[PDB]
Colleague: 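Looking at a model with chloramphenicol; I have a few questions.
Residue numbers run from 1 in the order of the sequence given. Note that ligands are numbered from 1 as they come in the structure, with each ligand's atoms numbered from 1 the same way. Note: hydrogens, waters and symmetry copies are ignored here, and every other heavy atom, side chains too, is used.
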Amino acid sequence: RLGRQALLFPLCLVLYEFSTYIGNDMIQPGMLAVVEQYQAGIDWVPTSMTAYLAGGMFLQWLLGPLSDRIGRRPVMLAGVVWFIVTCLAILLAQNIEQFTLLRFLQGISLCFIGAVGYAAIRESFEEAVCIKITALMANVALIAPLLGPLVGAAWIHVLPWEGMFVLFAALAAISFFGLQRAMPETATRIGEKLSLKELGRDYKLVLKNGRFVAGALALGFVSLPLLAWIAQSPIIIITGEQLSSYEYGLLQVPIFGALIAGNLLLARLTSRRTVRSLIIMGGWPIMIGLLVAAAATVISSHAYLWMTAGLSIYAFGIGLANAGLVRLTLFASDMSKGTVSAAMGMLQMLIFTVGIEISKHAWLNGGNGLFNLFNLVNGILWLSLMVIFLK
Ligand SMILES: O=C(N[C@H](CO)[C@H](O)c1ccc([N+](=O)[O-])cc1)C(Cl)Cl
């Protein structure tokens, strides 16, 4: 059962990952239907993603050391079950507030992927095989924001939005049974005590590292325009520009195609290039992309093609530079990779959570110009942290 069929474990971890990612990505275009069904304002549309990501930073710090003490199996499986239950519970929401609360509770399921599931992969599989699994997880995470809005935009013309959550729960159910028969128990620290004050001691120690913080924050700021696009794309395009769901879906193609193209180029150049130079290389289309989108929409607020072009060029730089910065940020601290991962995960989520809300009020008040102007300052914040980060 060990050699061939142990791949069911990473496979099911991947499937669970995908279901939680489209859990955000399929829902965003569906938020228009949701918000119309509850008769709520369009300002709750991006907040759906905010609450989801806020839930993802909630148990982050806790899950890694906890699953180390009580085992990774019961923690991972409990997480998948929690995702299924919360996905089904949102059908009873009855209110946009309660909908957002359950959105938050769903987001907690995100914490289980990296802190426990992936920790088990790192423990179960050799550094060799681990690399491939991480690559598969990276590929899938690239496919979600590309396919999700496409499928989601089509879904609301056929089936009710409630059906999407039944879909996520279904895919998660498959991962559950798979993981239940596949995932090994890798936890070393059973049954050792868990000290919250010593745990908090570790997080205060990583936050004292100057280079780490700069790199972790930079990851947040630089990816914020992309996530803000994902969050606000339905209301910017469909409600704001009065375009259709077909145009909405079409515009996602050059943007996330360029993201993928960026990673593909990254994969080809990684042997002859150093992550430091990849950052500088990705830096150009990132700054130019954000500049083009801001400038064009300050001139003419209604040009979404210039904005999309800009976001596409920027997403290409992201694909190239980001995986590199993740490595450097990880290796900028000598502490436990679990504590380090959770810290940078939470720092990014904080920037995403607050950033999406800020981005929302930017667009509500100033339209597209302000949306892109705020995305531009985020790029400059990333650039600013880069000159510090190296050297
Ligand atoms: O960030 C998330 N989801 C985003 C938006 O839904 C999406 O899945 C995504 C995935 C990868 C990515 N990337 O590689 O830069 C960006 C967004 C959370 Cl589900 Cl972790």
Colleague: Write down the name, per UniProt, of the macromolecule bound to chloramphenicol with the most contacts.
Modeller: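 Its main partner is Multidrug transporter MdfA.
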Colleague: Mind pulling out the residues near chloramphenicol? I'm using a 4.0 Å cut-off on non-hydrogen atoms.
Modeller: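 At that heavy-atom cut-off, the residues are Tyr21, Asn24, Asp25, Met49, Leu53, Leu110, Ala141, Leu142, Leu226, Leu227, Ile230, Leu259.
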Colleague: Enumerate the UniProt transmembrane segments of chain A, N terminus first, having a heavy atom under 4.0 Å from chloramphenicol.
Modeller: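 Short answer, by UniProt and heavy atoms: 1, 2, 4, 5, 7, 8.
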Colleague: Which covalent bond, if any, links chloramphenicol to the chain, stated as residue and atom?
Modeller: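 Covalent partner: none.
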Colleague: Distance to 0.1 Å, residue and atom name: give those for the protein heavy atom nearest to atom 10 (C) of chloramphenicol.
Modeller: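 Ranking protein heavy atoms by distance from atom 10 (C) of chloramphenicol, first comes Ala141 O, 3.2 Å.
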Colleague: Do any nitrogen or oxygen atoms of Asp25 lie less than 3.5 angstrom from nitrogen or oxygen atoms of chloramphenicol?
Modeller: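 Yes; the residue has a nitrogen or oxygen that sits under 3.5 Å from a nitrogen or oxygen of the ligand.
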Colleague: Taking distance alone, with no angle check, do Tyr52 and chloramphenicol share an N/O pair under 3.5 Å?
Modeller: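 Between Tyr52 and chloramphenicol (N or O atoms, distance only) the closest approach is not under 3.5 Å.
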Colleague: I need the nearest protein heavy-atom contact for atom 15 (O) of chloramphenicol: residue, atom name and distance, please.
Modeller: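 Minimum-distance protein heavy atom for atom 15 (O) of chloramphenicol reads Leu226 CD2, 3.8 Å.
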Colleague: Is there a protein heavy atom less than 4.0 Å away from atom 19 (Cl) of chloramphenicol?
Modeller: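 Under the 4.0 Å cut-off, atom 19 (Cl) of chloramphenicol does have protein heavy-atom neighbours.
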